[PDB]
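Drug present: penicillin V (bound form).
Position 1 is the first residue of the sequence, and the numbers go up from there. Order of appearance sets the numbers: ligands from 1, and atoms from 1 within every ligand.
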Amino acid sequence: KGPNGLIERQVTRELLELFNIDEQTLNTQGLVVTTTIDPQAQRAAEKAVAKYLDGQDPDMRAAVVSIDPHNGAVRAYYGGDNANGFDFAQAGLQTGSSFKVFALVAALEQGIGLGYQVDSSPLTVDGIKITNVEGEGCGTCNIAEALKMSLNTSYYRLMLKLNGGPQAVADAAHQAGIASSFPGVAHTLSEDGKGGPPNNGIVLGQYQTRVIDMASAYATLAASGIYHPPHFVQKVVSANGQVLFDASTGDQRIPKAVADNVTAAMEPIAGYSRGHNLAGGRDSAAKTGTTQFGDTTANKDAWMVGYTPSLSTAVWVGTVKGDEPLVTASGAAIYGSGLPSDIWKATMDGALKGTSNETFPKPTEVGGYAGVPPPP
Ligand SMILES: *C(=O)[C@@H](NC(=O)COc1ccccc1)[C@@H]1N[C@@H](C(=O)O)C(C)(C)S1
């Protein structure tokens, strides 16, 4: 029964909203529902999760959501293997560095382009020490290079340069499709939980977001800034044959030029992230994330989110209680470039198998730069 149970739960929820009925009224109707799920994508996601979590800690969990950027359709959805258990694709989770892309959106919207040079040295902000993993830096480098290398220090400085600071990062993320609320969280990306501003940790993905939100927001990027609400229901026909709903019969949230520049910055990242380029030379745009466990040196959540123009997939790996460092069976720390990228690549390759390779739209000038500056 498994992963399809969690899909069914989301379909039911959506039908309830669509028809404004309770579940008993729905169940007795005998509706014939066509979902958006693509079996080929779904099978690829399920296989990838099984493969990469095999032999790992039995407390390890994963979630995968794949969305069609053309229309918001949910093509693959793995929230867990228990139909009657917890849906990890709906859980509020810290995103870590995968959230940096929204700071880049915000920057580009203000005319700060990919070639903007930022210092990567360590700094302290609001009394919190900001550093990069293994003290990595670039001296001073552009914000496209700092995204690829995932420099915390550079992205903190970039956020502070924005008009609105962390609020501008929240605005961009919300505009991209990070939902404003979900169950658990009445006001997302809000320190006071009431709609007030986020604090500076937003750029390092310290707020809770769902895996579905990340897939959807990156879908907006994949669609050159056009947002479509995510949905699971394609068509509904009555038991006796009357069509009641058909999705086959968007909103420019982010400017095309901005979104296409963000894409350009993200293009090298699947490969940079321990060689997770998609099969058959297929281009992609991606971003990893890895959160800290407490104040320890170990990891808590690991992410890979990335897209082609035809599919946006978010993957999270963590543990069931979210209270233990995240490691492999051999003791190795799990980063975004590890198991989540293995799952992401396998899901993407599988879901897109048999389709021709797409190229991304050529970016036009934003902040004085069109695409990633060529290096010296
Ligand atoms: C974003 O996720 C960044 N993550 C970190 O800096 C992790 O920080 C700590 C983790 C454990 C203990 C102390 C600090 C950068 N992005 C990551 C990614 O997966 O893209 C990274 C590992 C490359 S660093």
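- Ranked by contacts, the chain bound most extensively to penicillin V (bound form, ligand 1) is, in UniProt, Penicillin-binding protein 1A.
- Neither the backbone nor the side chain of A302 has a heavy atom within less than 4.0 Å of penicillin V (bound form, ligand 1).
- In the entry as deposited, the covalent bond from penicillin V (bound form, ligand 1) ends at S97 OG.
- Contacts between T297 and penicillin V (bound form, ligand 1), counted as non-hydrogen atom pairs separated by less than 4.0 Å, involve the backbone only.
- Under 4.0 angstrom from penicillin V (bound form, ligand 1), the non-hydrogen atoms of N152 all belong to its side chain.
- When the options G96, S337, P325, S97 are ranked by their closest heavy atom to atom 2 (O) of penicillin V (bound form, ligand 1), first place goes to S97.
- Counting heavy atoms closer than 4.0 Å to penicillin V (bound form, ligand 1), residue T296 contributes backbone atoms (N, CA, C, O) but none from C-beta onward.
- Residue contact check for penicillin V (bound form, ligand 1): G289 places a non-hydrogen atom closer than 4.0 Å to it.
- Below 4.0 Å from some heavy atom of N299 lie the following atoms of penicillin V (bound form, ligand 1), by number and element: 10 (C), 11 (C).
- Those atoms of penicillin V (bound form, ligand 1) that come under 4.0 Å of a heavy atom in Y335, given as number and element, are 22 (C).
- Binding site of penicillin V (bound form, ligand 1) at 4.0 Å (heavy atoms): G96, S97, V133, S150, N152, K287, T288, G289, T290, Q292, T296, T297, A298, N299, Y335, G336.
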